[PDB]
Amino acid sequence: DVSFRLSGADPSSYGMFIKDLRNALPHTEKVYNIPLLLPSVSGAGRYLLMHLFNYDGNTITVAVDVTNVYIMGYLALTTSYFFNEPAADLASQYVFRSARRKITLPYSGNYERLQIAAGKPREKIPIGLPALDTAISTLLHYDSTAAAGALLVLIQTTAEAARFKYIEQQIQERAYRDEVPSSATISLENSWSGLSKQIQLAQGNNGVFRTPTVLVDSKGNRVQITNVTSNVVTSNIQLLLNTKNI
Ligand SMILES: *[C@@H]1O[C@H](CO)[C@@H](O)[C@H](O)[C@H]1NC(C)=O
Ligand SMILES: O=c1[nH]cc(F)c(=O)[nH]1
């Protein structure tokens, strides 16, 4: 299981935690040198548990589906919380079984629903390590509205970071000062599926995308991705959603 402690955390250890997180996700083949996530995994092995310690030392353990990196729920002391969706439902059958009581949140785990519950788009939610420390603290003491925003932070400083090196770096820059994500970061988070798909469909198409993926670069400019030589593919994306799950 992968751990990360916010006390004494700096860009280096966060990077190491994020590396650990990538290493914990199983894969058989690589596509254009990028680990390909399994189509499916049966049993409790389908879930990865992240122990997260906030600055004061308090911890929550988060359950992640290793086939897509989606957070399914988490455990705070003796209570367990899972999103209101089938996947998480299934997941609750394998993790945090010993929790003295289980709560299901009033929303599913997709950004659309979390932004509603939180009452604000993630474009306006500062992220960073300090922000992660808050999020961890927030989830310990239940408040579905607060948790929604906390989860939007956790998902991005965790899952999205593992998936994209750019995002990992965005977080390292925000190690001592939170800042809303650049729209490039949002652009990526929303293109993971499309990119995972087009990168796989390129395997038999000479590394050329059947359909190009439109993103926004760091300068804020609209940009098209047509082939695996792009830096997005050669340098950025670190994991790929298996096309079986698309
Ligand atoms: C592929 O993408 C590269 C990098 O963005 C770009 O310079 C080039 O025009 C593209 N080439 C082809 C054949 O699509
Ligand atoms: O829409 C989503 N994207 C990525 C995630 F990890 C998630 O839970 N929801």
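Numbers in chain A track the PDB entry; the residues on display, in order, are 1-246. Numbering of ligands and ligand atoms starts at 1, following listing order.
The macromolecule with the greatest number of heavy-atom pairs within 4.5 Å of ligand 2 is, in the PDB entry, named rRNA N-glycosidase. The molecule at ligand 2 is the drug fluorouracil. Neighbours of fluorouracil (ligand 2) under 4.0 Å (other ligands and ions): none. Per-residue contacts place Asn110 under 4.0 angstrom from the following atoms of fluorouracil (ligand 2) (heavy atoms of the residue considered): 1 (O), 9 (N). Protein heavy atom in closest approach to atom 2 (C) of fluorouracil (ligand 2): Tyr111 CD1, 4.0 Å.
In terms of N/O distances under 3.5 Å, fluorouracil (ligand 2) is not approached by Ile155. Comparing heavy-atom distances from atom 8 (O) of fluorouracil (ligand 2) across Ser108, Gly109, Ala88, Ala159 singles out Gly109 as nearest. Closest to atom 5 (C) of fluorouracil (ligand 2), if we only count protein heavy atoms, is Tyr70 CD2, 3.5 Å.
No heavy atom of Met72 sits closer than 4.0 Å to any atom of fluorouracil (ligand 2). With a 4.0 Å heavy-atom cut-off, fluorouracil (ligand 2) is reached by no atom of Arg113.
For fluorouracil (ligand 2), the heavy-atom contacts closer than 4.0 Å come from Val69, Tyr70, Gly109, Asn110, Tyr111, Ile155, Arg163.
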Pairs under 3.5 angstrom, nitrogen or oxygen on both sides, fluorouracil (ligand 2) versus protein: list them out, please.
from                    : atom 1 : to     : atom 2 : distance (Å)
fluorouracil (ligand 2) : 8 (O)  : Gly109 : O      : 3.1
fluorouracil (ligand 2) : 9 (N)  : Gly109 : O      : 3.1

